[PDB]
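Snapshot of atazanavir at pol protein.
Order of sequence lines = order of chain letters (A, B, ...). Chain A residue numbers are taken from the PDB entry; in order, the displayed residues are 1-99. Note that chain B is numbered according to the PDB entry, with residues 1-99 shown in order. Atoms within a ligand are numbered from 1 in the order they appear, just like the ligands themselves. The header says X-ray crystallography, 1.8 Å. Below, each value reflects all heavy atoms present in this structure, side chains not excepted, and no hydrogens, waters or symmetry copies.
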Protein chains: 2
Amino acid sequence: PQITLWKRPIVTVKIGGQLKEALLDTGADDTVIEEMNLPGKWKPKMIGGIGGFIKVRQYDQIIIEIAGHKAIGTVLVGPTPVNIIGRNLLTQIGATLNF
Amino acid sequence: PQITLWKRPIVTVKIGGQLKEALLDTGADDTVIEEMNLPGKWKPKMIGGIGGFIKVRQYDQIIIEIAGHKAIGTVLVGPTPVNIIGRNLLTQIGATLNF
Ligand SMILES: COC(=O)N[C@H](C(=O)N[C@@H](Cc1ccccc1)[C@@H](O)CN(Cc1ccc(-c2ccccn2)cc1)NC(=O)[C@@H](NC(=O)OC)C(C)(C)C)C(C)(C)C
């Protein structure tokens, strides 16, 4: 599909058995999902955005479907204001920026 | 151009006549550039992201060239971690996400 940027590029994703809305974000190295009680082992991480760093839990090998496209990779879980799909997963669904 | 996302989508821009590197950022509402001297009138603004909010100078109707493509719009100048081109200018250069 093609997504214009007149509005936030938000699509439905499936993760951990739940559907969520998430922002397709070329400016994000990582994928950051709002607090959810995901199963399994995780690793402490801190990630930096415009205003500073936040603490998140790093889950690896997480299955995530993005707008119908299956992917698997690292998902960070923590107190983010918005669900963010980052380049680590955007590459897996073959996304590009075009102009 | 078509730009893939294995690396950060950084391009060269020209603002105030000065060359800078900037991140093409579909997850940013606004364009935010590192502190610099910029010709034009400005007013105080605050913007937020991961980590919270920062104070910026809002410059309106600023001429900026992005990878050879012309835009004239709002540029926020402040202590951003990296130079960011947001949707307000991405739409001007006709950028879309595709997969
Ligand atoms: C290498 O670090 C990163 O990649 N950091 C990423 C990051 O912060 N991405 C930023 C760009 C960036 C890159 C490197 C250092 C600092 C900033 C954006 O791609 C995503 N971020 C993610 C984000 C998007 C929306 C919101 C939000 C909050 C309340 C209501 C609506 N939206 C908060 C954070 N967007 C914003 O912060 C934008 N915010 C915005 O458009 O606000 C409306 C700005 C920029 C215009 C301030 C993540 C933490 C998400 C992984």
Problem set entry | Other chains with a heavy atom under 4.0 Å from atazanavir | A, B
Exercise. What part of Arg87(B), side chain from CB on, backbone N/CA/C/O, both or neither, has a heavy atom under 4.0 Å from atazanavir?
Worked result: neither
For this session: Of the side chain and backbone of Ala28(B), name the one, both, or neither that has a heavy atom under 4.0 Å from an atom of atazanavir.
Result: both
For this session: Starting from atom 34 (C) of atazanavir, find the nearest protein heavy-atom neighbour and note its residue, name and distance.
Result: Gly49(B) CA, 3.4 Å
For this session: Could you tell me whether some N/O pair between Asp29(B) and atazanavir is separated by less than 3.5 angstrom?
Result: yes
Exercise. Based purely on interatomic distance, does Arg8(B) place a nitrogen or oxygen under 3.5 Å from a nitrogen or oxygen of atazanavir?
Worked result: no
Exercise. Starting from atom 40 (C) of atazanavir, which protein heavy atom do you reach first, and at what distance in Å?
Worked result: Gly48(B) O, 3.8 Å
For this session: Before signing off on this row, confirm whether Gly27(B) and atazanavir have an N or O atom pair separated by under 3.5 Å.
Result: yes
For this session: Could you tell me the residue and atom name of the protein heavy atom closest to atom 28 (C) of atazanavir, and the distance to it rounded to 0.1 Å?
Result: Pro81(A) CB, 3.6 Å
Exercise. Organism of origin for chain A, per the PDB?
Worked result: Human immunodeficiency virus 1
For this session: Just let me know how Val82(A) lines up against atazanavir, side chain, backbone, both or neither, with a heavy-atom cut-off below 4.0 Å.
Result: side chain
For this session: State the atoms of atazanavir, each with its element, that fall below the 4.0 Å cut-off from a heavy-atom position in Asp25(B).
Result: 10 (C), 11 (C), 18 (C), 19 (O)
Problem set entry | Site residues for atazanavir, heavy atoms < 4.0 Å | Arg8(A), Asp25(A), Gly27(A), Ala28(A), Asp29(A), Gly48(A), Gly49(A), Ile50(A), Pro81(A), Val82(A), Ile84(A), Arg8(B), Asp25(B), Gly27(B), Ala28(B), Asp29(B), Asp30(B), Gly48(B), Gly49(B), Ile50(B), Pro81(B), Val82(B), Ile84(B)
